[PDB]
Amino acid sequence: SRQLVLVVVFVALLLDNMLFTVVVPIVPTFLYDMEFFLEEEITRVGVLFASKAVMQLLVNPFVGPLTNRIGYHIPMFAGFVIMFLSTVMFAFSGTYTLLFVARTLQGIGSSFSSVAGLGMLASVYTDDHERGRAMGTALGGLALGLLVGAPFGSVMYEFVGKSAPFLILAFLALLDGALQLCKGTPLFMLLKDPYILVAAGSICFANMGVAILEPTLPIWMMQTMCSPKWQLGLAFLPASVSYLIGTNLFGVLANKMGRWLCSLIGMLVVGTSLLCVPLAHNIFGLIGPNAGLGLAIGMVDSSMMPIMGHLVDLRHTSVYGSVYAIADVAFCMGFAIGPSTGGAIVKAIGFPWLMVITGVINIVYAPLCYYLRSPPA
Amino acid sequence: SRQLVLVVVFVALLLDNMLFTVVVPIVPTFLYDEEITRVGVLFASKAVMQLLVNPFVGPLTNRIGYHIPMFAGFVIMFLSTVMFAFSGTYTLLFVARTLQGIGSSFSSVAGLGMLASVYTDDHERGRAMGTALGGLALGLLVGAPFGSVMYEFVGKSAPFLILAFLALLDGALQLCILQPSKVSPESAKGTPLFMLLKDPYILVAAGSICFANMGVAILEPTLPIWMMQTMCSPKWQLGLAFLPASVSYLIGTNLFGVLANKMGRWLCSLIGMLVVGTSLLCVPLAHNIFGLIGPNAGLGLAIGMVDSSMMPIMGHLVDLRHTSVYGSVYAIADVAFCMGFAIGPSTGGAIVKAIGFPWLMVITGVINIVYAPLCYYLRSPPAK
Ligand SMILES: COC(=O)[C@H]1[C@H]2C[C@@H]3c4[nH]c5cc(OC)ccc5c4CCN3C[C@H]2C[C@@H](OC(=O)c2cc(OC)c(OC)c(OC)c2)[C@@H]1OC
Ligand SMILES: NCCc1c[nH]c2ccc(O)cc12
């Protein structure tokens, strides 16, 4: 039924973001467990975190003709196979080499599942009005999975073991497939104008703060904070709660006070939050700056997503998910460059210099948002 | 007696800054009985001369104390206001403005130095400067309408005669409290100024003050011309358009002088520079007078934040690194103030005719924004 595809797409996006967030506080702690010095391993940790983003990067365009040739269900189903294999590989992983392959399959399955499920949702709903509601429900499921995943893996590692949240995620995925078992202006012309490129760089630089924080904040915590091993994923809860509050709030506020002002203020608070992050000497210090950073990224997304839609609509022709490809290129850009470059930058210089560099980059990029106010064509 | 030094500087900056803004709506209307440029050179005569006397005023405070410079500032302000009251031509009004400049330089350097010296606790010192800047904000707030209504009703010399009487009362108060009759040299030999320009920290703080006050100082000469060119506003609203900046500057300087210590000086300066840059960014987007109360109030709050944060941070730096002599650093701060006040009004029309007002606002705002993260350098400067 029409509701069935909605529930399977909701579950798929939920589990995908859950895997993304659950991999975060397990890898550094798993690395700590075996060697029983992370400055030498941090660069490969960053590469292992960016592998999914880079593989997704090379795999986005190929799904396009593949969707047309063989429909939408089969790419949706194969996404299941890849993420189920990635989940079982994550739980049984004992070697770094296996984990890199699992991250690569995670990227493949995430790209396949996202594109195929969004296309299937577009195909099923042809009423021209409920499509937006269905997309909103799917994105709400994405945000909810983002909120839930980190407390899942962090709490359920030292309490009921290491293979627990991956096995439970695989079981929930198996419930997903049982439910599912029963245009123009290409993106490489839409990157041809300075306005859309500035907006994409805006979203990429806004998300690069959390992208660079994810590989390095847990290792920073075990090196100075001495926090308990169950608290690492809990230490990112402000970045999700404040993100949800900010994204809901600024959306009504955004149009009254201008989208460009929202984006500029969001980048300013992103830079300030990243600067204020490396001074905390205990976990309660991180709640302020991390909550501010989450609210900032929520403001930036809620201001720049409609401005990207307006920019695509006013000059070019957009589709149901034409804005999807541009933003995801920024997200994969950040999650491939920030994690990869971050290991080298923390090996060469300290983590505080990394945070200062990212904050300064956001601050200097902040004045460029004037370019988007009333653009012409 | 530690509190009685704050009330003196509270009234010294009140009267001297009163004559700065009262003369603004009284000189070009009086002279009327290329011409705009000669009028604008009147205003910047204080700003140019005060910049040069400042390097000779700062080190002078070391060798004679702080009382005599403030007494001389009282005398010079008395002479400047009296000469303003009677002079009725350009060459007679230029010397009066330069005299007001020299008096303002004396009063500002001596007052900020004596507040820094008598207030030793850093959090406690962060409050005297805030209230003194509040008195300054109230002075520039009441200066313009005072001169306007006095010139409309009671005459031209009367707003300057009353200022002379208040200056006489200020001199009596100074002779009662401070006793400026002897030259007292500071026991500690203060550091030379040109070593202090080799400190990155002092240069960054002075640059922050200079860029914020350049942002405020560029706006005042250039805003009313753009107003008449674009919105076609009646003349009576011109001075009222800048009132929220003064009001917000007073409120912000009091409030953030209270909390700059709890919230953090570097974060206060950074947020203030960011908000002043953003406010100048949205200033040339106003399509009527009602759109300017917001950004102007934000600009005033930003400048009050940056001023209350960086005003005691200079004393903090000079105590953490250099010797405990405060004349030179606050002389540099007043130099930054006067440099911003000097580049603005003489070159405002030239820059507007060259590139345009919105591009000037964009340039100043982007300069403030990119200079903002350099204030993170002031988080914890190492000691000697
Ligand atoms: C991880 O997986 C993601 O990459 C998602 C998130 C990335 C990032 C993040 N990661 C964290 C990990 C944490 O634990 C350590 C803690 C906090 C965070 C935060 C806080 C900040 N944050 C944002 C998250 C949001 C998701 O993006 C969308 O919701 C979205 C919205 C849209 O418009 C409504 C779109 O347009 C239709 C769209 O498609 C282009 C996507 C985004 O991509 C799917
Ligand atoms: N130093 C405070 C700058 C300033 C704030 N408000 C003002 C009003 C008028 C003026 O000439 C200057 C100002």
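Order of the sequence lines sets the chain letters (A, B, ...), proteins ahead of strands, with each chain counted from 1. Below, each value reflects all heavy atoms present in this structure, side chains not excepted, and no hydrogens, waters or symmetry copies. Read the numbers this way: they start at 1 and go in the same order the structure lists the ligands and their atoms.
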- Query: Which compound, drug or drug candidate, is present at ligand 1?
  - Reply: reserpine
- Query: For reserpine (ligand 1), which chain wins on contact count (greatest number of heavy-atom pairs under 4.5 Å), named per the PDB entry?
  - Reply: Chromaffin granule amine transporter
- Report the chain letters of other chains having a non-hydrogen atom under 4.0 Å from reserpine (ligand 1). A
- Give the UniProt transmembrane segment numbers of chain A, counted from the N terminus, with a heavy atom closer than 4.0 Å to reserpine (ligand 1). 1, 5, 7, 8, 11
- Query: Which residues would you count as binding reserpine (ligand 1), with heavy atoms within 4.0 Å?
  - Reply: A:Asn17, A:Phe20, A:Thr21, A:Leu139, A:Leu142, A:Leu146, A:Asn207, A:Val210, A:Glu214, A:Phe236, A:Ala239, A:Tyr243, A:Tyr324, A:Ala327, A:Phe335
